[PDB]
A.B. asks: 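Structure with ciclosporin attached for reference.
So that the names make sense, note that chain A is the first sequence line, chain B the second, and so on, each numbered from 1. Quick rule - modified residues become their parent or X, and added atoms are off the books for contacts. Looking at the header, which is where the method is noted, we find X-ray crystallography, 2.4 Å.
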Amino acid sequence: XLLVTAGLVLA
Amino acid sequence: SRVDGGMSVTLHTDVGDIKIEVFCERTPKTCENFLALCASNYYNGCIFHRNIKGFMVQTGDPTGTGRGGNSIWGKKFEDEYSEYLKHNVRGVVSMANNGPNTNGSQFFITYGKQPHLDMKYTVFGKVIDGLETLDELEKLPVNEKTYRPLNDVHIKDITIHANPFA
């Protein structure tokens, strides 16, 4: 999808 | 009676300058943390490790992996939301995170309106000058399943600006 994470990048 | 225009910083990148105003009145802790890391040269040498056209460009990780970085205090800090601070225009600057109160040093700049981030990520700034540089960043050849730019693009160093009305 469209998230801004730090480590576990998701959809 | 004087006026204080607040603080702002200029990111000196391999493809141009980006000037960012920092909302220190609304998001104080996020502001101090950003300015402090900026002054310690922490971001000097950082690359934009994830660039998604139409979405956002992310950076702020020394290690360049994607799970590195920390706050000047060396411990993740709380979020700072404001009903008047939202990802509604191209150029908002916010803190990435792995859930509530996990703010460190990684941050991103939006390429356009991104309403689904509101109230979930601390917005603490806005690109006031150097929009051109944002276009260069967006139209950059990137990977495909990692969005890692093909060619590394860095943040050479950072200039801190004081009150413009001093």
A.B. asks: Can you tell me where to find ciclosporin in the structure, every copy?
C.D. replies: chain A
A.B. asks: Which macromolecule in this structure makes the most heavy-atom contacts with ciclosporin (chain A), going by the name the PDB entry uses?
C.D. replies: peptidyl-prolyl CIS-trans isomerase-like 3
A.B. asks: Map the residues of chain B touching ciclosporin (chain A) onto UniProt domains and name the domain holding most of them.
C.D. replies: PPIase cyclophilin-type
A.B. asks: If you take every non-hydrogen atom within 4.5 Å of ciclosporin (chain A), which residues does that pick out?
C.D. replies: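 Heavy-atom neighbours of ciclosporin (chain A): B/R50, B/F55, B/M56, B/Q58, B/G66, B/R67, B/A96, B/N97, B/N98, B/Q106, B/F108, B/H116, B/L117, B/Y121.
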A.B. asks: Can you check which residues of ciclosporin (chain A) touch chain B? I'm using heavy atoms and 4.5 Å.
C.D. replies: A/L2, A/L3, A/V4, A/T5, A/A6, A/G7, A/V9
